[PDB]
Amino acid sequence: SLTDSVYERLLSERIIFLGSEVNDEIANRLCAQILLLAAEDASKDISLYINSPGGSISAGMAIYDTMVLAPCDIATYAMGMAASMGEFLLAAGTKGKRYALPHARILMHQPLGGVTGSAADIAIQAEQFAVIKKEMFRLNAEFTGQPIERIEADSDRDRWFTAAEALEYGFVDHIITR
Amino acid sequence: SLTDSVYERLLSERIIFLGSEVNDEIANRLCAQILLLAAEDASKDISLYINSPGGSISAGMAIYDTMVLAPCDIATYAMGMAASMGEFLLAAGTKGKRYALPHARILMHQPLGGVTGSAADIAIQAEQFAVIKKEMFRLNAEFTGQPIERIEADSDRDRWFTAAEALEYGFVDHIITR
Amino acid sequence: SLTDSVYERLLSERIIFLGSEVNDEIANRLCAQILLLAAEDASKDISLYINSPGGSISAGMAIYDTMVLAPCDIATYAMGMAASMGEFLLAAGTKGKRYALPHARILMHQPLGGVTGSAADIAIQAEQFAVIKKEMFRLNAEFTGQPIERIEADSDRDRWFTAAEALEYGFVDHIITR
Amino acid sequence: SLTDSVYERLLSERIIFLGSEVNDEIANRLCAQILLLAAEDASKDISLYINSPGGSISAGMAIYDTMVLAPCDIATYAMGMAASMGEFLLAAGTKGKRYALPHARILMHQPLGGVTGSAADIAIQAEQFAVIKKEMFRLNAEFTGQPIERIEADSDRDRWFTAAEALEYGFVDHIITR
Amino acid sequence: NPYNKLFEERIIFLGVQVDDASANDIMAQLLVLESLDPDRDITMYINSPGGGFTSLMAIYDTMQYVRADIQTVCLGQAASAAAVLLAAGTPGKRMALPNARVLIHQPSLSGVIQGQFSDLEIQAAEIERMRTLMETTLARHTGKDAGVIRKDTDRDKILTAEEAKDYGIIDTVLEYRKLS
Amino acid sequence: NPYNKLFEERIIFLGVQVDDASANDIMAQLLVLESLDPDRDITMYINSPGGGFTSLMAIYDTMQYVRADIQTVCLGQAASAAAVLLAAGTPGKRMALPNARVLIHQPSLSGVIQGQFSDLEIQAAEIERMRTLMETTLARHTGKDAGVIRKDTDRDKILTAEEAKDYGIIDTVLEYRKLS
Amino acid sequence: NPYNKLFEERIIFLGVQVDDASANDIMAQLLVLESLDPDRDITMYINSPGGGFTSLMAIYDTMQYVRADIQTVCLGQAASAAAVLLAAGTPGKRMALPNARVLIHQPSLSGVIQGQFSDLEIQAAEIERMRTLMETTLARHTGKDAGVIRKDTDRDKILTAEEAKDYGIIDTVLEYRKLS
Amino acid sequence: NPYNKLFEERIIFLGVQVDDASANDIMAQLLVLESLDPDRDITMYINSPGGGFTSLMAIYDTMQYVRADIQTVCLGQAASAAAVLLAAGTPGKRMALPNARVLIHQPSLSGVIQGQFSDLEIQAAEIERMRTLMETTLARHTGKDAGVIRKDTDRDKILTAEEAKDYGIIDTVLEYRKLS
Amino acid sequence: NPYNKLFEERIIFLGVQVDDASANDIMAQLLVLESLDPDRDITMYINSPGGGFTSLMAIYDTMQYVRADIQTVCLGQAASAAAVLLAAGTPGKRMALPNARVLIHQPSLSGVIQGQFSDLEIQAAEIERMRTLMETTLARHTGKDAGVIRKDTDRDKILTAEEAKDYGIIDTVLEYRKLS
Ligand SMILES: CC(C)C[C@H](NC(=O)[C@H](Cc1ccccc1)NC(=O)c1cnccn1)B(O)O
Ligand SMILES: CC(C)C[C@H](NC(=O)[C@H](Cc1ccccc1)NC(=O)c1cnccn1)B(O)O
Ligand SMILES: CC(C)C[C@H](NC(=O)[C@H](Cc1ccccc1)NC(=O)c1cnccn1)B(O)O
Ligand SMILES: CC(C)C[C@H](NC(=O)[C@H](Cc1ccccc1)NC(=O)c1cnccn1)B(O)O
Ligand SMILES: CC(C)C[C@H](NC(=O)[C@H](Cc1ccccc1)NC(=O)c1cnccn1)B(O)O
Ligand SMILES: CC(C)C[C@H](NC(=O)[C@H](Cc1ccccc1)NC(=O)c1cnccn1)B(O)O
Ligand SMILES: CC(C)C[C@H](NC(=O)[C@H](Cc1ccccc1)NC(=O)c1cnccn1)B(O)O
Ligand SMILES: CC(C)C[C@H](NC(=O)[C@H](Cc1ccccc1)NC(=O)c1cnccn1)B(O)O
Ligand SMILES: CC(C)C[C@H](NC(=O)[C@H](Cc1ccccc1)NC(=O)c1cnccn1)B(O)O
């Protein structure tokens, strides 16, 4: 395909794309792209451009752990939409290299999920939803440099950001003005 | 495809991916990848990165037997999610080489299934569910180095683990902190 | 595809896979792979690794006849699941070369089917179901080295086997303990 | 695909496959394969292995006419299932070169169809069903060397054959016992 | 209920598709009105697209079996089985209101009847027998030859009320009797 | 039931889509009220989007056949077949309340009628006959030429109550008789 | 209701597909009319495509169990189970109106019954027992040998009313008793 | 209604699939007839393919709880739960008409019950308890050992009326009492 | 109607799935019978798979609110909410017929309730409150500790009638009172 070819040629330029809903399929695709680019050169930065409506936490945590444990810096680029998990992976970039394009939008909100099964199953799901929520908020606290109480109050429903608002909140470090 | 190409280039670097629900299709894909990499070099380790919500026991037992009977060590990597069968195959790695990325989540629970047909069919299914449950718990006991009574009590419903909790429980041997 | 490429590279190493439900599509794929490998070298063994939930009798009989009439030996490998027709094709391997991986499961049961149409159509289907059942049981008797009366009593419903139980019953000849 | 590649490599060895329900799509595929192999060498035999549940008469008559008008002999191979049209095309092979693998099953029955539309349309369909039935029975009479009255009585419902029963009836000429 | 009031005045609607549920409703209404009075005329107002041949001949035989004369009046359409039931009325008592259409055509199988060719030969000999029986039924009621019915019902022959009178399906184009 | 109370006051609703089930309900109600009293006017309140042509002409003929005069009053819409049934009332007794719309258009086949071209030639000669019969029916009831109806019903011609009075579909835009 | 009026005149419709809901309706109507008067004839008008074998033999046994004679008259069709129920009437009292068809055929499973071959061997021994029981039932009621029924019901054998009389399924082709 | 007339003659139909809606209908009818007269026999005509085990044992217990004797007569089929309810009648009062079939088989789960293996172990211990309870219920009513019921109901065992009498499910193959 | 006859004898069926429509039917029947006579016992025959917790506690409170004693008898099954309603009867007046099963289990959400984790924390605190309230309700009615109910209803605990008597869900395994 052409669309796979253009992504392949920017993979050669160490530019990868979180360009859809982060499910397990494209997370393992992005994790493999980060591992492949860290195997090629451990020094040159990986540009992760993020046009993402969010998605699975563990799929995004797979990308986040692959971003951190890569020895090269992951420059993240809010391109249009960095919502939910794509917001997270945007703010998960290397400090100083988290970039928002000027009309990208950043959506930070508490994680979505579902409860099902028996009451003992749901109580375990609730305990794990409280663990996922706390780790999503602690890492967003670590990314933005803001307290977890502010992250918890702001993510309680959908909190939208412009590139300038995400700059002052701490998701990104610069706004690209070429 | 690009996603098949990036997995192919890390297959050259002996990095394979349990990146979806382990059904028979990707288990035979992973078993063939372990056989192919053991045929190339029987000494260099295979890195199995696991972003998996679990799946079929016999598909995972196919991967597990292919992991053990490969003469090379299978380094397993909890990447985001190692749940159910993906938890099992994570803990099924070579001892000392079972790794959890720091924000990966490990879900250990008793196997899921279904009963159907006549009462004599279901009684055979129940006997085989008791055999599958005992072998899933004995091998998780062998992996984690913990008693089968603790594995049976903890897997009775969904038991979630962080990377640190899976480290102290015995699913993994280290947490990657590059 | 990568999954077709890894199966192609083990086809070069004479390793083929009964890795799904044996329908007519992958049986003709496996029959063509046995014919192609017998055309390359009539002396080196074909490794048939079987992760199969069973399937069509005539599709499996197509594989079975292609296995026998190949001049080279068909080493069969129970990998995770050898059920129904995949059990049959496992036990259909060359004697001494039928292998079970230690946590593979072997399911032997009488064939499944359906009756439909008029009573004269169903009576013909029943006569042919009795012919298929007798030939499936006689060949399982020939494979396992056990009487057809024991095969008929044991296959009456689902009879599950471990690798050790399939070893003593006669489906496989060894358990791989590398 | 690999499955297209393995069929391509046996197409180089003049081995083609009636491996599904004979509809117009794979009949034109098989007719083109017979024309291509007769264009390569008009002397070497084409091996048509048949694992087929039957199908369209005119699609099978397309294959049958392509088999006869090919100057090279069409060796037919009952592999698992030769039912209906696949039975027909099995018995349509060159005399002396119609082979049944020993556990292949041969199903001979009168053609299936449907009546629809007005009574004058159905009366034309019935006249053409009587022409198709007579030509299917006359050619099965010519193939098996048995009278059309025996073909008509035996095909009235589903008549199943083993490889030995299809040998004595006349669908095949030998049973492969390598 | 105006259906029950007309039934007490010995008036029956063939107003739906002629299937077995509709046929049983007509046959019950015909046999009650025969048992009420076998001498008074039953009026069968027919507004129907037709339907199944068995339910046709169930109504057809019951119309001919009952001692009461059946006044068939077509209203809107008497198509297929309903055209035959329109022609099945008592001679001299078959009407159609002037803008009712009468569609005659050969029988047809709805959808596809699958099966072996021996089964299909029987289904085709049956739909040919259904074709011949319809044409013979339309022969004795329209006064035309059954071969004339066969050529005319080879495809859809929609008649007006006047054209169905000339064809013999009805006997009188029923004039409007409005007082103004 | 207010439907039954108005029926006892000789008031009928054409209030649904004109299909064969609706047509049989109207024709039963028209023929009961003819048998109750053939001299008193039947009032047919019409709120309908129209429907099938056969069920149109089933109601049309029955409106013209019964001895009682049919007062058609349009309420809301008299579209397609229902506009023809609105025009089918007794002359001088066809009303529409002032904000009722009257949609006249040529007949149409709902969906696609498949078939051989000989069958389609007959289906097209029939829908042309249905077109000509509708225009002839609207000719004698609106006082306009059938070629004028053909040019006007070539597409949807929605009339108001006043415009349907000038067209001849109704005879009186029915004034509001509220006492306050 | 004309169904209830005919039921008071001891007339039952087998007018739908013979399933368990239809069978329970027939058996309740047969056992009430037995309890009303066991000496008067029950008339069973049959317009049915047949149906399930159990609901067949539920009606069959109940027709034979009740003290009243069962007059089976076929109207339109008696196919499958309904042909057997038509033949199941009291001898001398089995009728068919002249254009009723009678379809006899061997039993069949609707759709595909899945299962293990041991289960399918039992389902096939049952449908063979259902085949043999139908042919034995049609043997004692038509006067023909059960092997003759087996060759004739091997596929669909549609009989006319005259052909079902010669076959023994009915006893009299019921003449039209219309007075005109 | 012939259902209500037979209910006044203390006759109940188990005529549908034995589910909770059917069970509540039977239990209401059994407990009304117990309250009407506890000494007269309740007749339970059974034409049923069976159904749920709970609705089986709901009807089973209610048949055994009421003071009135339950005359179970099988008509057509008494399959699964319905065969057990047929055997659940009062001893000496369990009938089957001669061409009724009686299908006994072990209980089964319809479809697939998903869940964890601890949940499935309980669902399997329950369907084994349902299997053992059915065989124990069929033991005390047929006079056979529960291990004999287990070997016989391992797959479908269809009995005729004579074979269900020898098995002990009914007590009398109910002879046809037709006067002619 | 046998439902209405038993209702006049103060007998109520909990015979369907316990949802809000079923709960409103029970609560209306409980409050009418309280208003008819608050001193006579209401009998609640329970054949139910359970259902919603709100409709459970709607019936539960209404059973406890009415002045009349509630005789709960289990017939076939009392599963989930229905087991709690079975235990919700008046002490000494809770029965089960001997082959009725009693399934107790913790509450469950049918399907998946989507939402934000703050919404899911509330839905989980509610299903935990529903779990605790069910166990507290089963504590005061079975005489067992609520922690014993929690360990026993952790998965499906199917009791027989005898096992539900020992557990405290019923008070008497209701003996069969058949006279023969
Ligand atoms: C990243 C967080 C904070 C916000 C949203 N992400 C989630 O919460 C996602 C949305 C999602 C995606 C795929 C499948 C199911 C659910 N939730 C989860 O992945 C999830 C939910 N519950 C437990 C564990 N993980 B985003 O996708 O809108
Ligand atoms: C690995 C175990 C402990 C946990 C879960 N795995 C299972 O139990 C899986 C889930 C599954 C996957 C595909 C199809 C059907 C069922 N269960 C099985 O494979 C299974 C169930 N019953 C008998 C034999 N195998 B995991 O997928 O959540
Ligand atoms: C191999 C035997 C002993 C066991 C099972 N195999 C069968 O019996 C298979 C299952 C199946 C697969 C595809 C389509 C239809 C049916 N049955 C058949 O192929 C079959 C059934 N009846 C007549 C002829 N063949 B296995 O698939 O569970
Ligand atoms: C070859 C004959 C003798 C037996 C069967 N073949 C047919 O009769 C096939 C089955 C089929 C396949 C595809 C589409 C429609 C029908 N029948 C026809 O092709 C057919 C039917 N009626 C008229 C002309 N051709 B076989 O497919 O079971
Ligand atoms: C032409 C007259 C006699 C009747 C017309 N159609 C038929 O003959 C009907 C059309 C129809 C209706 C309902 C269901 C199935 C088929 N044909 C039959 O009933 C029929 C039934 N069995 C075999 C053959 N034809 B009418 O309905 O268009
Ligand atoms: C224009 C007037 C006469 C009627 C309008 N439509 C028609 O003429 C209707 C539209 C319709 C309604 C229901 C089902 C199928 C088709 N045409 C017909 O009924 C019709 C029927 N057979 C052949 C050709 N047209 B109205 O319903 O829009
Ligand atoms: C031939 C006579 C006896 C009856 C004909 N068909 C049958 O025998 C019926 C056809 C049918 C009807 C409804 C649902 C399922 C199957 N066969 C059966 O009822 C049946 C039931 N169980 C096993 C085997 N056959 B008739 O309905 O065409
Ligand atoms: C064998 C006798 C006792 C009853 C037969 N089947 C059963 O036992 C029934 C079959 C059925 C019916 C409706 C819905 C679900 C399952 N089994 C049950 O009711 C059932 C219910 N819960 C757990 C286990 N089995 B019969 O219906 O074929
Ligand atoms: C355990 C007893 C108390 C009740 C059982 N189940 C429940 O608790 C029911 C199951 C159910 C039924 C219908 C619709 C949705 C959910 N749970 C609830 O009603 C429910 C409602 N809102 C929140 C949480 N649970 B029973 O129905 O299996």
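Residue numbers start from 1 in every chain, and the chains themselves are labelled A, B, ... in the order their sequence lines are given, proteins ahead of strands. When reading the values below, keep in mind they use all heavy atoms of this one structure, side chains included, and skip hydrogens, waters and symmetry mates. Only a part of the entry is shown; contacts are counted within it. We count ligands from 1, going down the list as the structure has it; atoms in each ligand are counted the same way.
Among all chains, the one with more heavy-atom contacts to ligand 4 than any other is, according to UniProt, ATP-dependent Clp protease proteolytic subunit 1. Checking ligand 4 against manogepix, panobinostat, bortezomib, perampanel, the answer is bortezomib. Other chains, heavy atom under 4.0 Å from bortezomib (ligand 4): D, E. When the heavy-atom distances from atom 3 (C) of bortezomib (ligand 4) to D:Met136, D:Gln128, D:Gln125 are ranked, the shortest goes to D:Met136. Short contacts between bortezomib (ligand 4) and E:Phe117, defined as distances under 4.0 Å to a heavy atom of the residue, involve ligand atoms 21 (C), 22 (N), 23 (C). Protein heavy atom in closest approach to atom 23 (C) of bortezomib (ligand 4): D:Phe129 CE2, 3.1 Å.
Residue contacts with bortezomib (ligand 4) leave out D:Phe88, since none of its heavy atoms falls under 4.0 Å from the ligand. Heavy-atom proximity to D:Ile132, at under 4.0 Å, picks out these atoms of bortezomib (ligand 4): 23 (C), 24 (C). What the entry calls chain E is ATP-dependent Clp protease proteolytic subunit 2. Within bortezomib (ligand 4), the atoms closer than 4.0 Å to a non-hydrogen atom of D:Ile57 are 6 (N), 7 (C), 8 (O), 9 (C), 17 (N), 18 (C), 19 (O), 20 (C), 21 (C), 25 (N), numbered from 1 in the order shown.
For atom 15 (C) of bortezomib (ligand 4), the protein comes within 4.0 Å by no heavy atom at all. Bortezomib (ligand 4) has a nitrogen or oxygen under 3.5 angstrom from a nitrogen or oxygen of D:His109. One option in D:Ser84, D:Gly114, D:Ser52 has a heavy atom closer to atom 1 (C) of bortezomib (ligand 4) than any other, and that option is D:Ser84. Residue D:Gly55 places a heavy atom under 4.0 Å from bortezomib (ligand 4). Atom 21 (C) of bortezomib (ligand 4) has its closest protein heavy atom at D:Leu112 O, 2.9 Å. Residues of other chains with a heavy atom under 4.0 Å from bortezomib (ligand 4): D:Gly54, D:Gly55, D:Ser56, D:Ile57, D:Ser84, D:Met85, D:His109, D:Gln110, D:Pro111, D:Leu112, D:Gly113, D:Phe129, D:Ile132, D:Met136, E:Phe117.
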